[PDB]
Amino acid sequence: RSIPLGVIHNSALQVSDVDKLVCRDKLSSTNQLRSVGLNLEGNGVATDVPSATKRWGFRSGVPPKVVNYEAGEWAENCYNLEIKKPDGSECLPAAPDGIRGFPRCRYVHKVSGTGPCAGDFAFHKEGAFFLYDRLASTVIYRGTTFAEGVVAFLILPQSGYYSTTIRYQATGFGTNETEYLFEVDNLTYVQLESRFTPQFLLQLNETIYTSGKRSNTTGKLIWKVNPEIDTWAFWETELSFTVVXXXXXX
Amino acid sequence: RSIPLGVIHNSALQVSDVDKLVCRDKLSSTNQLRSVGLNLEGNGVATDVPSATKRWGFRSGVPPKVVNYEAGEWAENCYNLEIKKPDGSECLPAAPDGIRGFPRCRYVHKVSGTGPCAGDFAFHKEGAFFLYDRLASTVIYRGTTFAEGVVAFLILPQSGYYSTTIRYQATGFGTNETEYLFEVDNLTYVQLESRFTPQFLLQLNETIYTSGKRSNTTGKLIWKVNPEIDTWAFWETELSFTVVXXXXXX
Amino acid sequence: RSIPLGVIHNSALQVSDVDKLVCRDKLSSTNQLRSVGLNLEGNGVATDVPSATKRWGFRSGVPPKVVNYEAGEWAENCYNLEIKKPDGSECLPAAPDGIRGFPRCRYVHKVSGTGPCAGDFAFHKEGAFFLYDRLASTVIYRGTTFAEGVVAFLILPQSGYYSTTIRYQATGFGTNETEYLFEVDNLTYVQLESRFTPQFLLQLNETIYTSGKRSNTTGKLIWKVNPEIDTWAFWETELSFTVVXXXXXX
Amino acid sequence: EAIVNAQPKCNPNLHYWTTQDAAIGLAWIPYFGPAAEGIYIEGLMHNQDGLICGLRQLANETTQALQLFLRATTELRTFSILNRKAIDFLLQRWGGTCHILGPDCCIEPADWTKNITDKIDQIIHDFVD
Amino acid sequence: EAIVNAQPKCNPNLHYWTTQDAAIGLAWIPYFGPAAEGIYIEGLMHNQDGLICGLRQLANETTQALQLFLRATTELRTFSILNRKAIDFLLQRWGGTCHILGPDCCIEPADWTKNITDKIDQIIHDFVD
Amino acid sequence: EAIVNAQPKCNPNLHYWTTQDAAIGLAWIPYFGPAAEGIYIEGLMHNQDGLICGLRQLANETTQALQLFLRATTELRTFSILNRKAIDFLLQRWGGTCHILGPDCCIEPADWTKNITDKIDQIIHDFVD
Ligand SMILES: CN1[C@@H]2CC[C@H]1C[C@@H](OC(c1ccccc1)c1ccccc1)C2
Ligand SMILES: CN1[C@@H]2CC[C@H]1C[C@@H](OC(c1ccccc1)c1ccccc1)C2
Ligand SMILES: CN1[C@@H]2CC[C@H]1C[C@@H](OC(c1ccccc1)c1ccccc1)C2
Ligand SMILES: CN1[C@@H]2CC[C@H]1C[C@@H](OC(c1ccccc1)c1ccccc1)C2
Ligand SMILES: CN1[C@@H]2CC[C@H]1C[C@@H](OC(c1ccccc1)c1ccccc1)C2
Ligand SMILES: CN1[C@@H]2CC[C@H]1C[C@@H](OC(c1ccccc1)c1ccccc1)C2
Ligand SMILES: *[C@@H]1O[C@H](CO)[C@@H](O)[C@H](O)[C@H]1NC(C)=O
Ligand SMILES: *[C@@H]1O[C@H](CO)[C@@H](O)[C@H](O)[C@H]1NC(C)=O
Ligand SMILES: *[C@@H]1O[C@H](CO)[C@@H](O)[C@H](O)[C@H]1NC(C)=O
Ligand SMILES: *[C@@H]1O[C@H](CO)[C@@H](O)[C@H](O)[C@H]1NC(C)=O
Ligand SMILES: *[C@@H]1O[C@H](CO)[C@@H](O)[C@H](O)[C@H]1NC(C)=O
Ligand SMILES: *[C@@H]1O[C@H](CO)[C@@H](O)[C@H](O)[C@H]1NC(C)=O
Ligand SMILES: *[C@@H]1O[C@H](CO)[C@@H](O)[C@H](O)[C@H]1NC(C)=O
Ligand SMILES: *[C@@H]1O[C@H](CO)[C@@H](O)[C@H](O)[C@H]1NC(C)=O
Ligand SMILES: *[C@@H]1O[C@H](CO)[C@@H](O)[C@H](O)[C@H]1NC(C)=O
Ligand SMILES: *[C@@H]1O[C@H](CO)[C@@H](O)[C@H](O)[C@H]1NC(C)=O
Ligand SMILES: *[C@@H]1O[C@H](CO)[C@@H](O)[C@H](O)[C@H]1NC(C)=O
Ligand SMILES: *[C@@H]1O[C@H](CO)[C@@H](O)[C@H](O)[C@H]1NC(C)=O
Ligand SMILES: *[C@@H]1O[C@H](CO)[C@@H](O)[C@H](O)[C@H]1NC(C)=O
Ligand SMILES: *[C@@H]1O[C@H](CO)[C@@H](O)[C@H](O)[C@H]1NC(C)=O
Ligand SMILES: *[C@@H]1O[C@H](CO)[C@@H](O)[C@H](O)[C@H]1NC(C)=O
């Protein structure tokens, strides 16, 4: 169909197009035409890595497509994927020339791991876009920070920045049997669940470091949080460790 | 010069431009502006591989150029070239990103073989374009199906699909001493001539298979059609085999 | 800010924009809109290789940018750089597809050599552009002839070509300790200074050849011009050789 | 000028394809939608008003100006041919002062004429004392 | 039509970034200027007139037509969406003859009316002999 | 504002090249035509009205706004600077209702004035009974 256009009439936003304005409507400069990228975050979608990755999938036969946008929204959750196949080959294409990561991310969820990747490109299952630096794509690029979102086109009428990288390891990526681990260091991991917020993950990381709960050997140590530990949208808001290489954090 | 524009006046198509319309002429939407690709087939050109390849040639010093077009014509004959030099290097460049083959071809004449290729790019000797998927180029891309054609620009006023690949082998491609063979299988070939239609080639292929005229050894078998066998444009329309490794099909 | 536009009013060129014209101003065709590239040469900048290279520098974190221009100025001095790091890696990126050298150069100063190249891209320190074939860039491309210049945008109202390549060798390129040698042949060089004009370099080359002052061994011979030898802008205009492997040309 | 088909033959029918396709459910989502081979619609145009044979000759005659345009542009071209045609169309009509009742001004004061000369009968008809 | 936000939630505030930034000295020179991370300005818009929650629903509803547009175009696209919208806007108003006092003609002869009917009192008032 | 050349020198002559070239035979065919080095025409402009020295200063002063424009755009830019200037020109004149005899409306009702006040002598002159 024809691409809709947002215009302000009667102190309210309305969808319209250039062919259904009235002579009273005045477009005197291209400066009144604006493209904006809005994050799925703002609509109330679950942003944890298990929930977010379920919205993406691999498909072949569909070429990727790209559209510009001028202004974007500060994101709390972004994602940066480094996925390989079990044979070692890359699942995602390198970012084309001039495609930089999404510029404003409070938490960048960097996910490394493996999966079958039964498809040439990773698309958004719900039809949304992957928002990069002033560029929206239909597919995910390797190692490039993105926010999920959608684009609107408008006719206008005539605060420090901090980013924290949260690293994960993944097995069976893409399938319906995907497993995630939160990486404390290269040998200490926490089995991840959907209910863990970014703030809880950063405090669990600070607790493990200061309490000496990191692995002090050459082997891999994986902690499990017991379900008895728990603590809305992002905008509206005594631990015992014993080893059982699994373990439990009560 | 200035690019001409097709406009309908007095129940007839006329060439004009936006600077020589009258106030009666009404262009109220970019939807009235259309680019169309027309196939040389429709003008009555010989479409057989020997005749068609004579219209192409290699030249250096001229960069390739590309133009978009929105609508195209169903083609009976398309071409897909895989040519190398005797030293093994490729004669034609890989198709740029996002250039797919021509989307509607009844017969794709796939030509593999060798030639000197005295030139960086292969151009159309008569100035025509090579039509790909909604993209017209001045040069041929490697292994990419194209139809020869030309582009028109218009101001508008306010049926199953089957494709058959016909494979050829070529020596001396580009020169005036080019030889072509129609490939029945990897060891059975027919010496090609200009008068062989696609329908005749497919029936000759079906006859050779069912009659057991394929090579039953490890060597190469080449059939020749005797001139006594024969049978307009595409839109207006008891065999004896003995071996003489050449042979004859009477 | 907004990109200024040149318009002719009262028999003089004025800076303006499309939003501050009067109804008397008539723009009836895009043919009246023109982009032009003007060479820094025309403003009186020193064009010798030592002076010119001081205006360029390496910087990281800034992506390169490119803008089209339609008409350009014949240049007396152009530059073509082939710089490597001491480890052998290239300092400058290969020219993108379709970027050809500046088309009109009386003297192409080809500079080969080494330097630290502390930066991903080489920019113009004074904010000017590097002019290629109808394309202006913010960065220098490897082995691609360019002229320094700037771009203007205009609203219009409703002689053989010879090029000479002058080759140089450079050490410490980019730093404030750069050394240049004018190459007579692969074993005979002249220590370069800012005051040497292209015409003086070509006559010094012709004198060295005809007088047999080229190196007649396998080693490297470097001539020095004594300061007693000397001879405005480009548009307004008995030698003794003894060896001292240095030497002097009096 | 008119279009004179000077080709050896003309196929009078245009069996064409394009991508100018209300979607069916989730078919608009690229992950669920058609492959690249299945985005085309087809149509068949006949030679009414000789438009097809004229179109074939028009595309043939467009080539020289099109090739000369492509030679003069760099493959980093940043403008479309048809959008520039649309802009030139508007600049031809409205790029200068529109003198009403002029040959180059596309303003018809028809109803405005029979709104003044119609409503003269409000001052000449009401001339009583 | 109007915009009906049908999302599970709405963040009523838009903390946005853009690159629509008088330069400070030599900061405009790319060699001396900011890195790619430092070219952004920030702003905060609140939900006055419900514009933010309407904008989120608008971007959501734009996706289908946007995806269908991207499927039909080749990634060698040579035209911008917003420039084509601007051209279509002008073609809608001025692509044909503007009939004064018509519904599709954006010409107001207001002052021109009270310049004729005002200056009738130069010929009907001066009718003396 | 005016253009004040503040450069150390000015070359008052512009020896220029461009590609704005009736073709000779088959020279338009890329296979037979010129190489990339031979597509240029040359010209020589002198400093009449000081246009050349003004042009050199204009290009110099354009750089800051041009660089700031290039910093804010992504190298996937899909619009041309000059086409957008042409669109903005039309939007400035015709982006709203044109009030006749206004300062921002480029409509001259000159002949339309002396077509009404001329043809008043068809009703005031024909007032006989
Ligand atoms: C400091 N910013 C503020 C005001 C000027 C500068 C640029 C930015 O612009 C906003 C804006 C919107 C409406 C009116 C004025 C400024 C803006 C947001 C998105 C896209 C473009 C501009 C916000
Ligand atoms: C089903 N098709 C048919 C009619 C709508 C759909 C789209 C296609 O459009 C034609 C067309 C031409 C003139 C009027 C209406 C439709 C078409 C051909 C080439 C380029 C664009 C559109 C033909
Ligand atoms: C032979 N040249 C001469 C005149 C026609 C041909 C093309 C070139 O055009 C000039 C020009 C400028 C103003 C009026 C007429 C021609 C020109 C220079 C720069 C960019 C475009 C055109 C100069
Ligand atoms: C109303 N339509 C009908 C007849 C004229 C107008 C335009 C359309 O045909 C177009 C066309 C363009 C591209 C592909 C297929 C049809 C057309 C315009 C001019 C000349 C021939 C066909 C069908
Ligand atoms: C006057 N401005 C004020 C309020 C309406 C007009 C436009 C601007 O807000 C824009 C906007 C666009 C992109 C980023 C940030 C603000 C806007 C337009 C429509 C709906 C919501 C916001 C602020
Ligand atoms: C009528 N022409 C004559 C004089 C003004 C008009 C424009 C043309 O010169 C152009 C020009 C542009 C690019 C290359 C060469 C010439 C021109 C416009 C403004 C200022 C200087 C020259 C020559
Ligand atoms: C738009 O919103 C609806 C309802 O929340 C949702 O089902 C749909 O997936 C959204 N579309 C996109 C492209 O995100
Ligand atoms: C989910 O995973 C199970 C493996 O336990 C598999 O049998 C099933 O087919 C999967 N479902 C889908 C929809 O892929
Ligand atoms: C952790 O592992 C990564 C992946 O091999 C490696 O790049 C990094 O240097 C390691 N860090 C430490 C502290 O060992
Ligand atoms: C985890 O805590 C350590 C201890 O300060 C810190 O260095 C590290 O950055 C933290 N990790 C994250 C992801 O914040
Ligand atoms: C050594 O590592 C274990 C985890 O395996 C950790 O809990 C323990 O605190 C470390 N050692 C000491 C003495 O704390
Ligand atoms: C156009 O038609 C003429 C006559 O059939 C032919 O000679 C010429 O080569 C054609 N041009 C192209 C570009 O095909
Ligand atoms: C055609 O081929 C013959 C070889 O038999 C050669 O002598 C002749 O030069 C060729 N003609 C052309 C035009 O290349
Ligand atoms: C025929 O030869 C081609 C080219 O090497 C090869 O790819 C193909 O597999 C062969 N087919 C058979 C049936 O041998
Ligand atoms: C030739 O005939 C065989 C026998 O059915 C068939 O498999 C093959 O596809 C045919 N080749 C072509 C090019 O149609
Ligand atoms: C074996 O191959 C020949 C061709 O060389 C073929 O004509 C013949 O039919 C085959 N053998 C038999 C018994 O048919
Ligand atoms: C413009 O001219 C001034 C004065 O000559 C100079 O300082 C400045 O560097 C120039 N700008 C560019 C971009 O060359
Ligand atoms: C210039 O080079 C000298 C080396 O002799 C160095 O000490 C100095 O720091 C350099 N100056 C600059 C500005 O780099
Ligand atoms: C001079 O040296 C260059 C660089 O290795 C080489 O390419 C060229 O062939 C040499 N020329 C001669 C005459 O030795
Ligand atoms: C130097 O002189 C020789 C002698 O003729 C000539 O071959 C060579 O091209 C000259 N070099 C340059 C850069 O002109
Ligand atoms: C041999 O080379 C020297 C430079 O080293 C040159 O000046 C001299 O002329 C050459 N030999 C003769 C006999 O001239």
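Just so it is clear: chains get the letters A, B, ... in the order the sequence lines come, proteins before strands, and each one is counted from 1. Ligands are counted one by one from 1 in listed order, and the atoms in each one are counted from 1 as well.
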ask   = For ligand 6, what drug is listed?
value = benztropine
ask   = Quick check: main partner chain of benztropine (ligand 6), as named in the PDB entry?
value = Envelope glycoprotein
inquiry  = Mind listing the other chains that have a heavy atom within less than 4.0 Å of benztropine (ligand 6)?
reply    = C, F
query = Which atoms from benztropine (ligand 6) have a heavy atom of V36(C) less than 4.0 Å away?
reply = 13 (C)
query = Does the protein place any heavy atom closer than 4.0 Å to atom 3 (C) of benztropine (ligand 6)?
reply = no
task = For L156(C), take its heavy atoms, then give the atoms of benztropine (ligand 6) lying under 4.0 Å from any of them.
result = 7 (C), 10 (C), 18 (C)
ask   = Is the closest protein non-hydrogen atom to atom 16 (C) of benztropine (ligand 6) under 4.0 Å?
value = yes
Per-atom contact, atom 21 (C) of benztropine (ligand 6), protein heavy atoms, under 4.0 angstrom = yes
message = Any idea what name the entry gives to chain C?
response = Envelope glycoprotein,Envelope glycoprotein,GP1
request  = List the closest protein heavy-atom neighbour of atom 9 (O) of benztropine (ligand 6): residue, atom name, distance to the nearest 0.1 Å.
outcome  = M45(F) SD, 3.1 Å
request  = Could you list which atoms of benztropine (ligand 6) come closer than 4.0 Å to a heavy atom of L51(F)?
outcome  = 20 (C), 21 (C)
key: Protein contact to atom 1 (C) of benztropine (ligand 6) [nearest heavy atom, distance to 0.1 Å]   = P157(C) CG, 4.8 Å
request  = Give the residue and atom name of whichever protein heavy atom lies nearest to atom 14 (C) of benztropine (ligand 6), and the separation in Å to one decimal.
outcome  = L14(F) CD2, 4.1 Å
query = Considering only the protein, which heavy-atom contact is closest to atom 5 (C) of benztropine (ligand 6), and what is its distance?
reply = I8(C) CD1, 4.0 Å
key: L154(C) neighbourhood, listing benztropine (ligand 6) atoms whose heavy-atom distance to it stays under 4.0 Å   = 18 (C), 19 (C)
ask   = What covalent attachment, as residue and atom, does the entry give for benztropine (ligand 6)?
value = none
